[PDB]
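Check out this one - raltitrexed stuck to 4'-phosphopantetheinyl transferase PptT.
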Amino acid sequence: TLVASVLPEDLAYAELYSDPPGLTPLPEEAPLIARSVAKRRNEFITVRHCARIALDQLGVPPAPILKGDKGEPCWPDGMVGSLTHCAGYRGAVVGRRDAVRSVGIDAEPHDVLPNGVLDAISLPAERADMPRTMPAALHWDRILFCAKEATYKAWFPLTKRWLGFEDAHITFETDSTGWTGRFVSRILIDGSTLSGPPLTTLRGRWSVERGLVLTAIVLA
Ligand SMILES: Cc1nc(=O)c2cc(CN(C)c3ccc(C(=O)N[C@@H](CCC(=O)O)C(=O)O)s3)ccc2[nH]1
């Protein structure tokens, strides 16, 4: 699997590269996408079908995955997880809370960012430092965006505070293979959590594979 490249008996994952036809949401999930468009409908369903494959293999029976604070996914009790999707990928990674404090993942196509995006999602330092050490064959701007989204998704559940794109400083290192590596996200705002020790440094992994950028953060 692709997501295995960016992950370190309490963690499961599942991914699919297309929308399997005929899949249907759970009954009390249905009103969430009654008015949604077809393309949104498919990835809503496919990613929750991936989520329940992983959740079942952690002895958790299928349960509805609703959306809460700023659309945040909701999980069965004692559970945490993360959902992601893009043009050719649907994936979920889930974990039990005591072993996994939080999960954050993202998947993106390995293409240049649309015009004007690199500036909103990034700091003057990240833009000077990343081109010095990232391999020439990589879209460091897109990989930066993927790492940014994977950080807020792992950050937000533990603080329920909004993490702007310029409240996190991400530094990258490239593994000797050249297409994979890992990063450190440093929080520039208060790291007060609702529970647990403060959180200011998040370590995650990044990978480029099959034309796709994958990132994941697992906070033990
Ligand atoms: C810049 C920024 N900072 C934040 O802290 C932030 C927080 C949220 C709230 N949050 C934590 C989430 C909202 C949506 C999620 C998610 O995992 N979406 C999946 C599945 C969506 C679905 O099918 O319902 C996805 O992107 O596919 S996670 C959303 C955008 C943010 N953006």
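Note that chain A carries the PDB entry numbering, so the residues on display, from first to last, are 5-12, 17-228. Per the header of the entry, the method used was X-ray crystallography, 2.5 Å. Indexing begins at 1, ligand by ligand and atom by atom, following the structure's order.
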- Message: Any idea which residues from other chains are within 4.0 Å of raltitrexed (ligand 1), non-hydrogen atoms only?
- Response: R48, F52, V55, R56, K75, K78, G79, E80, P81, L91, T92, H93, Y160, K161, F164, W170, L171, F173
- Message: When you compare raltitrexed (ligand 1) with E157, is there at least one nitrogen or oxygen pair between them that comes in under 3.5 angstrom?
- Response: no
- Query: Do raltitrexed (ligand 1) and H93 have nitrogen or oxygen atoms that lie under 3.5 Å from each other?
  - Reply: yes
- Message: At less than 4.0 angstrom from any non-hydrogen atom of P81, what atoms of raltitrexed (ligand 1) do you find?
- Response: 15 (C), 16 (C), 17 (O), 28 (S)
- Task: Starting from atom 26 (O) of raltitrexed (ligand 1), find the nearest protein heavy-atom neighbour and note its residue, name and distance.
- Result: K161 NZ, 3.5 Å
- Task: Identify, by atom number and element, the atoms of raltitrexed (ligand 1) in contact range of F173, meaning under 4.0 Å from any of its heavy atoms.
- Result: 1 (C)
- Tell me which protein heavy atom sits closest to atom 21 (C) of raltitrexed (ligand 1), plus the residue, atom name and distance to 0.1 Å. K75 NZ, 3.6 Å
- Query: UniProt CoA-binding residues in chain A with a heavy atom under 4.0 Å from raltitrexed (ligand 1)?
  - Reply: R48, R56, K75, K78, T92, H93, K161, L171
- How far is atom 13 (C) of raltitrexed (ligand 1) from its nearest protein heavy atom, and which residue and atom name does that atom have? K78 O, 3.3 Å
- Look only at interatomic distance and state if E51 has a nitrogen or oxygen under 3.5 Å from any nitrogen or oxygen of raltitrexed (ligand 1). no
- Message: I'm curious, what organism does the PDB give for chain A?
- Response: Mycobacterium tuberculosis
- Query: In raltitrexed (ligand 1), which numbered atoms sit nearer than 4.0 Å to a non-hydrogen atom of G79?
  - Reply: 13 (C), 14 (C)
- Query: If you restrict chain A to its UniProt Mg(2+)-binding residues, which of them have any heavy atom nearer than 4.0 Å to raltitrexed (ligand 1)?
  - Reply: none
- Could you find the nearest protein heavy atom to atom 11 (C) of raltitrexed (ligand 1) and give me its residue, atom name and distance? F164 CD2, 3.5 Å
- Protein heavy-atom partner closest to atom 5 (O) of raltitrexed (ligand 1) - residue, atom, separation in Å: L171 N, 3.1 Å
- Message: I'd like to check whether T92 has a polar contact with raltitrexed (ligand 1), where a contact means an N/O of the residue lying under 3.5 Å from an N/O of the ligand.
- Response: no
- Task: Report yes if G172 has an N/O atom closer than 3.5 Å to an N/O atom of raltitrexed (ligand 1); otherwise report no.
- Result: no
